[PDB]
Structure formats: structure tokens, C-alpha cells
**Student:** 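Pasting in a structure now, in C-alpha cells, and then I'll have a few things to ask.
Counting from 1, the numbers follow the sequence of the chain as shown. Order of appearance sets the numbers: ligands from 1, and atoms from 1 within every ligand. Values below: every heavy atom of this structure, side chains too, minus hydrogens, waters and symmetry copies.
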Amino acid sequence: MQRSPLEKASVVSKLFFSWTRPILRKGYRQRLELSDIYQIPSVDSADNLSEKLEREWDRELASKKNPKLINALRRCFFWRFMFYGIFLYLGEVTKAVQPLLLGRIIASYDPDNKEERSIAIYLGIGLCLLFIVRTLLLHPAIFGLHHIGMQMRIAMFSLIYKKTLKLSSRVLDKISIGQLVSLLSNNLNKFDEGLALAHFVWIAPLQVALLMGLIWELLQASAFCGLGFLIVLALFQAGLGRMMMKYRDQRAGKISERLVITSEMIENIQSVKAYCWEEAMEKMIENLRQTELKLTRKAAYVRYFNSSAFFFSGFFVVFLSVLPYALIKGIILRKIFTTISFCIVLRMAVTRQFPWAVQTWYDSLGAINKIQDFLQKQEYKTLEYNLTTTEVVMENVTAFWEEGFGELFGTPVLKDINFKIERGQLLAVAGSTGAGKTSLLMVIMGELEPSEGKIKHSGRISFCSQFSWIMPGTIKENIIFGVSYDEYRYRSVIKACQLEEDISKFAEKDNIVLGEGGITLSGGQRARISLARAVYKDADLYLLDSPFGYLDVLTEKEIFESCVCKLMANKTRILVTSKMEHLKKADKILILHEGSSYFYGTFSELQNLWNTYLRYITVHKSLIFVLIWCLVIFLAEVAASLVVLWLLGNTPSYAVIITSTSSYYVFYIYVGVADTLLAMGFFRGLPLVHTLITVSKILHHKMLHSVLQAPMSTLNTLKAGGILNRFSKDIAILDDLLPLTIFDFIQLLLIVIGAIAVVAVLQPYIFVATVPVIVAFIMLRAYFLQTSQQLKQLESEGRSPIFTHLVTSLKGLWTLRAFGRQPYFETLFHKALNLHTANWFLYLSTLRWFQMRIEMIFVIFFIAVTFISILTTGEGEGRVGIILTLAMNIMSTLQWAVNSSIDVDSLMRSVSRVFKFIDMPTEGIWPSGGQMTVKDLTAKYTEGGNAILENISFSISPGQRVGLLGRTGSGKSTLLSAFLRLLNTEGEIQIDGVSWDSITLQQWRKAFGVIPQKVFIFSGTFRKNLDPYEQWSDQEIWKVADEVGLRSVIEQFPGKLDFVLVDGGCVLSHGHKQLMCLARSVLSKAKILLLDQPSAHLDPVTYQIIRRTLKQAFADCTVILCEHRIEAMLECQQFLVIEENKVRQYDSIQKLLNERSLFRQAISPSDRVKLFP
Ligand SMILES: CC(C)(CO)c1cc2cc(NC(=O)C3(c4ccc5c(c4)OC(F)(F)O5)CC3)c(F)cc2n1C[C@@H](O)CO
Ligand SMILES: Nc1ncnc2c1ncn2[C@@H]1O[C@H](COP(=O)(O)OP(=O)(O)OP(=O)(O)O)[C@@H](O)[C@H]1O
Ligand SMILES: Nc1ncnc2c1ncn2[C@@H]1O[C@H](COP(=O)(O)OP(=O)(O)OP(=O)(O)O)[C@@H](O)[C@H]1O
Ligand SMILES: CC(C)CCC[C@@H](C)[C@H]1CC[C@H]2[C@@H]3CC=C4C[C@@H](O)CC[C@]4(C)[C@H]3CC[C@]12C
Ligand SMILES: CC(C)CCC[C@@H](C)[C@H]1CC[C@H]2[C@@H]3CC=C4C[C@@H](O)CC[C@]4(C)[C@H]3CC[C@]12C
Ligand SMILES: CCCCCCCCCCCCCCCCC
Ligand SMILES: CCCCCCCCCCCCCC
Ligand SMILES: CCCCCCCCCCCC
Ligand SMILES: CCCCCCCCCCCC
Ligand SMILES: CCCCCCCCCCCC
Ligand SMILES: CCCCCCCCCCCC
Ligand SMILES: CCCCCCCCC
Ligand SMILES: CCCCCCCCC
Ligand SMILES: [Mg+2]
Ligand SMILES: [Mg+2]
């Protein structure tokens, strides 16, 4: 890409932000292509900012007694912050002194006022220079604040990731994905824009002091009667701001809880559809949203009064200040308007700048102190040797997962374990399910500090987890995992893993871009890729945690005797296996049972013993009625104001002194108080803010409902972080920023329209005088938005790489520390930050260019108007200036209205992106016998893609158990998924004589009982996981738990049937998750059931449970059992062998094994003698 134009630009061009001109010119005619996005400035790269803040934070920890993160920021961002502060203050001083010139010029129109007319010509030049100075002094400061804020946010986001990669093992159970995502999203765009307002904490007191002294000149001692009203208002306003944060802190927990469950269900949406749980998930989320929206409304009601305090202050501040002065001595309209022209600034300084500054300081310091807490949590210690005899030895090791139980010294996970392997002994770990084998490996890696005993080994280690983890990218990226690509070693590993036959089927033959979690791949393909990654890296110790889970006996034997016993014969390798043949070739065998070492020794001695605003308003029927209500009342107030002005001019000592020629001040006075006469009270504001929030409820409900029913092919294209972005950030915008910003835009629009209308009816030339300015505003806005809309979308979509990477890293954290590849993912995360920074910085600069031009055009028109006004005043009664200057006083408010319109349209991008999900396509006693017939079935995942199954035809009888076998990656799960119709299919499969299309899709799916390959467990109670619909009493739940053997594991935890699972059920072992899904299927009594790999890792002793419950509980229902272990084939009668995208049925097992010699020769002897008598 091109270098940033900021590097080499003119100083005059940099001041005016003219370097953003090319992209606006390019972005008006056609769409913005990738070749246009400029590179980030070198002083903005995440690496330099991370290095800087890390160094200061390291020094801060090493020096002070009490470290504070805010202190570390104060040394690397303060000087530029203050340097821009003095320029921002000088911009505000220029604004509070304007009435000394504008009011002195307006008074010159009257012939009776000789004094201020003699010098009016000099004041025109002075006022002209005053406007020009302010334009070059106020905007470049704000952009500097935005630039500093972007640097701070990037530099803090880096340290968040630097700490995340090093978090201790036991703190992960308390820090869920939703906590980080909420932490990032809340500050993702608020922190940068916040710094533009942070300076008014110390600017506003100076503005109040200066203005009060300047008003003291006019109203000698009565000005303080008007100030006391603002002081009471400020105290009341600060009280509401304090109250708002109470409602916002109570909400943080329940929104983080939602963001966890939302991500859990949607990354496993395949299983949710199979279970027909759409309604259950929607109700669960809506119960969480109810309390969240309740707190949002109670916050929004308070924030409305916090916002509207400015508009309902105009008439009162003016009235309460001039009344004690007018009562004692006569007041001239000349001083009434000049007092108004000071209050218009004093009100905004103390009601709209100061409280916003204080609130921003509240928020930013709260976020910094929360990240300071994050940076000081318990950290993974790595105190271990780096050189030794390479002899892995352990002795007297015990461990507890729960910190409190180990602090007291609740069965310990391990007790008194010891072993020793010198330089290549294959130590086969075995035992029953849940006895603890994964924990033994985590103790070795240092993921679980043993309270007692010692463990010694070499530094280099490799790890193949019992649960596969596939990072995004090609197969090659997963295998090498961030090192140099060696051709010879790469081919040898793939050949050893026998991935050649399976990778050859892919279109690109090596490079298929895998989604997060490897959903594109089969169960066994992910397992072998995880194995290949471990094999590729050279290490002293290899921890192979049961890679032979989803593989058939043929591939298991080949991969074991070609990759484990042949490729790495001279490397120590701990292997977790249950097959007896693997213990034969092991030099050491460690049998574990309930954490105790049952046996240790050699096997020999073992044997010896634009249509978006319209649709956003139409989505709710009450919103249009409230808007009409706000318009009807507006017309009444305009009509009342119009007749009041008309009846004062027709009328004729008195307290207020006016002359015939000075009467024109009445209209100038009105413009300064029109904001209060047209202000929306609590009878119009609260209904609008209330109704704008219920729209967000309906939009969220519709969006989640539409997503849950989308076809699977559309769901596989979208990334996990794109979904997480649109649920966290987008919905937060629709609740927090959209309602009140729309209210401000509508309020300002009403004020401008009413002020123009009533003035135009009375003096029908001010409307003509303002048309050339309004048209210029609308024309410039329509030109800028053609590029701002596209820039906003590019930045909005640029947030997804950050969330995908964070989810991927946190899910795979156990593999990262085993390999030691933290720096590789640190620089990869910095690429995502720089990618987001480029679009955000570019958008933020083009917006600043518009803000400068929208003010410059007003300045140009005003300077033009003052000279014609000054020059036209002849021998008294300067009518031309009376009409023109009034026309330009209203545009000082329309400029604010235009800026608010830009903010509304920028935020309306969120609405459109949520609507984009609603439009997604929708894929849309009888089962007495269970007899089904398949005719000419064809299956293919993507439309127009490769046909995984072609013209399949077979039939099964009622009450018949059918086996479904075949080599890994042949199509077994595809065939079982074709029954439920998750992927696009052709043909027909009738049950009991009714066709597919004769019955609705959801009624069809409900006939089946499914056990998916990827066990799904969401955060919640045990009884909620076993039946979300709550249609079973606890008596039946226990009666099933006893039959499936979940008794002992459930009662261990403190809350029996009440324990809240976390991290997708990390507390349970893998074998307990299989039993959990088994109980879930048993409870849902279905006349037909599809079992895809029930006994994934269950040892033969645990398999007795599987065969018992399938024999007893599933008495007469037809079973389609997909299994890999040969012992399971005894039960099923018919066998469906899948190969070459085709299916062929056999009635006897002896014919099946006679056909395939190589299949038969691999069978373990205990199962070979079982099948062959
Ligand atoms: C001079 C003195 C009165 C006493 O030494 C002082 C200076 C000072 C500066 C900062 N913050 C900053 O210079 C930066 C900043 C951080 C966070 C931001 C942000 C700006 O503005 C926001 F509101 F957006 O949050 C630019 C980095 C601060 F926080 C507290 C400070 N104190 C009080 C002292 O007691 C602190 O120890
Ligand atoms: N993170 C954890 N926190 C607390 N308890 C846990 C955790 N992981 C497992 N356990 C519990 O500790 C015991 C053993 O843990 P587990 O990982 O270690 O067995 P395993 O070796 O994976 O079993 P299997 O052979 O069935 O896969 C079980 O009772 C299990 O429920
Ligand atoms: N969503 C998908 N899009 C494209 N191809 C897919 C998709 N899901 C799976 N495949 C491919 O289809 C083939 C078979 O899928 P898969 O269910 O069928 O294997 P399997 O035999 O069920 O696995 P295992 O024996 O490990 O349980 C594989 O080549 C796999 O990569
Ligand atoms: C903190 C800083 C900004 C405070 C500034 C206070 C200034 C604006 C105040 C302080 C004293 C004030 C002056 C006090 C006395 C007089 C004499 C009177 O016949 C005209 C107004 C005039 C000339 C005042 C103008 C405003 C004034 C100069
Ligand atoms: C600058 C001088 C002249 C005027 C006084 C400035 C005001 C705005 C200052 C003085 C004390 C400040 C508060 C001191 C302590 C805290 C707690 C922190 O967790 C959030 C910010 C907060 C709440 C500060 C907000 C701003 C504050 C109220
Ligand atoms: C908070 C607003 C207070 C408004 C009332 C101001 C005080 C009363 C003003 C009139 C005082 C008249 C005094 C006449 C004295 C004759 C010797
Ligand atoms: C919104 C309040 C409007 C008040 C209008 C008062 C009108 C008074 C008319 C007096 C007419 C006198 C004719 C001699
Ligand atoms: C830097 C701030 C200077 C403020 C000077 C204010 C002067 C107000 C006019 C006093 C004489 C009428
Ligand atoms: C930056 C401050 C500028 C103040 C200008 C005040 C000019 C007052 C002139 C009065 C002449 C009668
Ligand atoms: C008698 C002549 C008075 C001239 C007043 C000039 C005021 C200049 C103000 C400049 C502000 C930047
Ligand atoms: C004088 C420097 C600018 C004003 C900054 C005041 C902020 C005080 C915050 C105190 C936090 C403990
Ligand atoms: C905070 C307001 C200060 C006003 C000072 C007025 C001094 C007049 C001599
Ligand atoms: C910008 C054009 C203003 C024209 C004003 C005409 C006033 C006639 C009395
Ligand atoms: Mg395990
Ligand atoms: Mg499968």
C-alpha cells in the first residue's frame, strides 16, 4: 500500500487537513477499492506504542510501593495533552469575548446610538480576524486530542494481550470470554473521542469566571442572581451523573453473562439445530435481556434530564438575572440582548461542557483502574530447569484444582505418583475414565502446580491435546505453527500421519482456509492435524494425550507403527492409550485409578502378577405516534409564539424602555430564547427516549431469531468474531448512543425550523437571506457522506479480526504455552490492531476535514455579511443590517444541527448492519414403527460443490439396530446429518410412509434423537443442560443419571444438580461429557435415534454402560449406531460400509471382514476371537 500522506505534506496543508482531499475526490464517483487505504504513520504502529508503555509500566512496578497505571501514562502522553490544552483554551476565550464585538456592531444600526457607530468599521475587521483565528485554533487542537487518544487505546490494548498470554491456570475459570470482549468493546470507540472533552474540567471554571466578570459590567450587582440558578443546576446535574453510573455498573455483569452464552450456542449451532433447541435458547437470552433493558431504561430516564438541562435554562437564566435590575432602574433592550448573548455561552459552558468533561474523567479513569487490576492478576510461573540428564522423573506429587482445598492441606486429583523414563521409553498411561490422565500431563507442563513432590525434565516439550484446536489458516499453517517451512520433514510427517489420502480430496490439495475450530474438517481429520503439529516440532518430551480417539482400527495401527514407534523411536514420549496392543510395545506402564497409582512397571511383570431511517421508524408502531405527538405540540408552541410577537408590535414610565427605531431588538431577543420556548419537556422527551429503546429490543429479538434459523451453508461463511462484534458492540450502540443522539438531533432540528418559520412570517426576507447558506450546508453534507459512510463501514468491519484472534488465543491457550509461541501470536495480534487503526485514523481525519469546512463556510458568509451591513448603514435606520445579521445568528445553531446529523448518520451504520442479519434466508402418533426407506439420496455441503454422497439407496426394518462404519473422513457424519437435512440434499427419505415435504421441517426433525460428535455444553446448571425446556422433574433426572452412571461425578460438586458450569464444562472430563450427552438422549424418548460416536474415548470398562443402556432403554426404537471400535459391532445387525462416496449394506459381520483382509488383520486379538468363534 501507499505511504501515509502525513509523512510528506505541507505545513499549511497539514494545518487545514487538505491531505484527505484525494480520497474524498476518489470516493465520490466510484467505490473505494483496497488500493486506496493509506498506511498508518510510523509513529502509530502498535509495536512502538507497546514497547513504550511496557517500558514505563515495567519501571513503575519496579520503583514505587503502590503502582498505578495512570502514573505510567502521565510520563508518555501528558506533554502533548497539555500542549494541545492551551490551544483549546485560547479557542474558548475567543468565543466568550465575541459578544463584546457582535453586540457593539448590532447596536450601531440605530441613529440614536452615535457612540458605537463611529468605530463600527474597525470592529468589522476585528471581528473578521477573530473568526479566522478561532477556526485555526480550535479544530487542530481537537484532532490532536483524538490522535493522542488513539495512541493510548492501542498501547493499552497491547498490554492486555501481553498479560492474557501469561494468565495463571486457576484464574482462567473466573475470566470468561465475555469479560474481555465487554472490556474491549466498551472502550473501542468511546475512549478516543473522549479525550476531546477531557480539557473542559479546567477550561469551564475559567469560562465561568471570565463571563461573570464580563456580565458584571452590564448588571452591576444583579448578575449573581442569575449565577445562583446555574450553580444549583450544576449541583443537581452532577447528582444525576453520579446516579447514572450506579445503574451502569449493575448492568456490566448481566451483559457479560449474555455475551458468553450467545457465543457458546452459535459456534455449536449444528448441535442446536439437531436438538431443535431454537426456542429454548431464545427464551434463555430474552430472560437475560429483560433485566439488562430494565436497567437501560432507568439509566436513560436519568440521562435525559442530564441532557435536557441546557434547553430548559435559557429563559430562566435571562429572566432571573435581569428582573432585580429592571425593577430598580429602567432597562434598555440594548442591554437585554447583550445579556442574552453572554448567557448563550455561559449556559453551554456550565451545563453542556463541564458535566461532560467530569463524566468522561469518571469513565476513563475507571477503565484504566480496571485494566490496572487486570495487569496485576496471578501469572503463570515457569521456574524450571533448562539442562539436565534428559531423564523425566517425578516423585510424591499431589495436586488440587481448587485452591482452597490445597490451602487447607475433597479428593486430591492425584496422590503419591512417581515414574521415571530416561531417553526414549514409551510410557503408556492408562486407566478408567475420570481417574485422571489429562491432569497428569498438565502437572508435567506446569499448568497445575503440585502442592507436594518434585517434577524434573528438559525444557523442550510438545503437546497433542485430547481436544483438538485448529487455528484459522491453511493446513500448512496449522502444521508448521510459526516456524521455517522444511519441505522434507513436512512430507515425512504427513506421510507418517497418512493424511495424503484425505488431503488429496481437497480442491487446493494443500491450502484450504479453515474456519476457527476446524468445522470444515471432520472429527478425525482435526485429531491427526493436531498430532502432525506435535510431531513436526522437535522436543525432548512428547505428550500424546490420546490421539487415537476418532480413528478406526486400521488407521490407528498404521499411524502408531509408522509415526510413533518408527519416526521418533529415540525421543521420550508419554502416550495415553486404552488399547491393549499399545501396552505390549511400552517400556513403562502406569495404570491410574481415582488418582492413585494402581500399578507401575514393565508389561512383563504386569502379566507375571435511504430506506434505513424509514425501516427503523416503521419497525415499531408506537414510534410514529410519539413523533406525531412531538410534532403536534410543536405546532401549538409555534402558533402561540407567532401570535405573541404579532400582538406586541400592534400594541403601544414603563419599566422596559424602548424607542420606535430600536424596536427591532425584539426579534434578536426572541432568537436567543427560542431554544426554551421550543424545548421538549418531559411530556415529549421521556416518551421518545422510552420508545427508542424498545425498538432495540425488537431488533435484537428479530436478529437472533433469524440467525438461529439460517441455513448452515450461510452460517459457515461468517466468522465467529463478526457475530460477536454485531452482538456486543452494535447492540450496545442501539441502547446507549442512538436514543439520546437522535433526541438531540430532533430537538435542534425543531429549534432551527421554528426559529426560521416564525421570523419568516413576520419579516419575509430573512428566509431569503439564509437560503444561500442552508443550500451550501446541504450540498457539502451530501458530498462528504458519500465517503464517510464507506469509511465508517470499513472501520466497523475492521473490528472483527481483533475479536476472532482473541477468541482463538483464549480457546487454545493451553497449546500456546506448551509450544512457547507467544511472540508469534503477539506480532500477529499487532497486525490486526494496525489494520483497524488504518481505517479508523483515516475516517477520523476526513470527519475533521468536514468539521473545518462546515465552519469555514459559515465564517466566509458571516464576514461577507458584516461588510455589506456596515457599509449600507446610511443616515440612520440601517434596515439591511437588521435583516442580514439576524439571518446569520440562526446559522450559529444550524451548524450545531448539521454536526449532530453527521453523528446520527454515523451511528445509523450500526442499524443497517443489524438489518443485514434480519434479511438472511430461511432454510424452510406418527413415528409408531420407525421403518424408513432411502431412495436416491445425494448430499453436498455447498451448492455447486463436490458431492460427498451420490445416489445412496438403502432401507432398514423397524426395531432393527444398524451399524454405520467406514474409514475416517469417508462421509459417516455427513450421512447422519443428511437425515436431519442440515446440508443441501436431493432425493427423499420417508418414515412409516410419509415423505419429506409432506411434513414441516421442524416436525420432521423432532422424530429423531441425536448424539452429535462434538458434545455441546453451555454455561448453566446441570438440570438446565439436561433439559432446557424444564419438562422433567428431578426424580426422572436422577433415575436416568443412575442408569448412565453420572451419579458419582454429579454428587462430587457442591451443588448437586445446581452447580453452574463454566468454560463450556471444563470441570468435567471428556468421558463425563459423553455420558452427559448419553443421558440427554435417553431423556428425550424418540422412536428413532442417530448416534454419532457415543464411545469416543471410553475405555472398555466404561463401554459396558453404553451397551447396557442401549440394550435396555432403547428397546424397540431403531438405532443407527456410528462406531469405530469393533466390540460395538456385536449388537447391530445390518452394517452400512461407506467408501468412495457410496454405501453398501451387509447382513453379517463375517462377510464384511472376509471382504477386507487388511481391515481384519488390524483387529485386536480380544475382539478378533469375539467375532470369529
Ligand atoms: C498535575 C497533576 C494535577 C498532579 O500530578 C496531574 C496531572 C495528571 C495527568 C493525568 N493524565 C494525563 O496526562 C493523560 C490522561 C490519562 C487518562 C485520561 C485522560 C488523559 O483524559 C481522560 F479523562 F480521558 O482520561 C494524558 C495521559 C491524570 F490522569 C492525572 C493527573 N494529575 C493528578 C495526579 O494526582 C495524578 O497522579
Ligand atoms: N479444570 C478442572 N477443574 C476441576 N476439576 C476438574 C478439572 N478437569 C477435570 N476435573 C475433574 O478431575 C478429575 C480428573 O480430571 P480429568 O481431566 O483429569 O480426567 P481425564 O484424564 O481427562 O479422563 P478421561 O480418561 O475420561 O479423559 C475428574 O473428576 C474431573 O471431573
Ligand atoms: N462443511 C463442510 N464443507 C465442506 N467439506 C466438508 C464440510 N464438513 C466436512 N467436510 C468434508 O467432508 C468429508 C467427510 O466429512 P466427515 O463427517 O464426513 O467425516 P467422518 O467420516 O464423519 O469423520 P470421522 O470418521 O472422523 O467421524 C471430509 O473430507 C471433510 O473435510
Ligand atoms: C480569571 C480572569 C479571567 C478574571 C477576569 C476578570 C475581568 C473580566 C474583570 C475583573 C475586574 C473587571 C472590571 C472592574 C471595573 C470596571 C469598571 C466599569 O466601569 C466597566 C467594567 C470594568 C472595566 C470591569 C471589566 C471586567 C473586569 C476587568
Ligand atoms: C481543576 C480545578 C481548578 C477544579 C476542580 C476539578 C474537578 C472537576 C475535579 C476535582 C476532583 C476530581 C475528582 C477526584 C477523584 C476522582 C475519582 C476517580 O475515580 C474518577 C475521577 C474523580 C471523580 C475526579 C473527577 C474530577 C474532579 C471532581
Ligand atoms: C429570585 C428572584 C427575586 C425577585 C425579587 C427581587 C426583590 C424585589 C425587587 C423589587 C424591590 C423594590 C424596592 C423598592 C424600595 C423603595 C424604597
Ligand atoms: C398563548 C397565549 C396567547 C395569549 C393571547 C392574548 C390575546 C389578547 C388579545 C387582546 C385584544 C384586545 C383588543 C382591544
Ligand atoms: C488571556 C485572557 C485575557 C482576557 C482579557 C479580558 C478583557 C475583558 C475586557 C476588559 C476591558 C473592558
Ligand atoms: C482578546 C481580547 C480582545 C478584547 C477587545 C476589546 C475591544 C474593546 C474596544 C472598546 C472601544 C470603545
Ligand atoms: C478607536 C479605535 C478602536 C479600535 C479597536 C480595535 C479592536 C481590535 C480587536 C482585535 C481582536 C483580535
Ligand atoms: C492542571 C492540569 C489539568 C487539569 C487536570 C486535573 C485532573 C485531576 C484528576 C485527579 C485524579 C486523581
Ligand atoms: C468568580 C467570579 C469573580 C468575579 C470578580 C468580580 C470583580 C469585580 C471588581
Ligand atoms: C444575500 C442577499 C441579501 C439580500 C437582502 C435584501 C434586503 C432588501 C431590503
Ligand atoms: Mg482426558
Ligand atoms: Mg465424523
**Student:** Which one of tezacaftor, quizartinib, doxorubicin, darunavir, ketoconazole is the drug located at ligand 1?
**Tutor:**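 The drug at ligand 1 is tezacaftor.
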**Student:** For tezacaftor, which chain wins on contact count (greatest number of heavy-atom pairs under 4.5 Å), named per the PDB entry?
**Tutor:**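 It sits in most contact with Cystic fibrosis transmembrane conductance regulator.
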**Student:** According to the entry, what is the source organism of chain A?
**Tutor:**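 The PDB gives the source of chain A as Homo sapiens.
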**Student:** Quick one: UniProt TM segments of chain A, counted from the N terminus, with any heavy atom closer than 4.0 Å to tezacaftor?
**Tutor:**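 By UniProt's count, heavy atoms that close sit in segments 1, 3.
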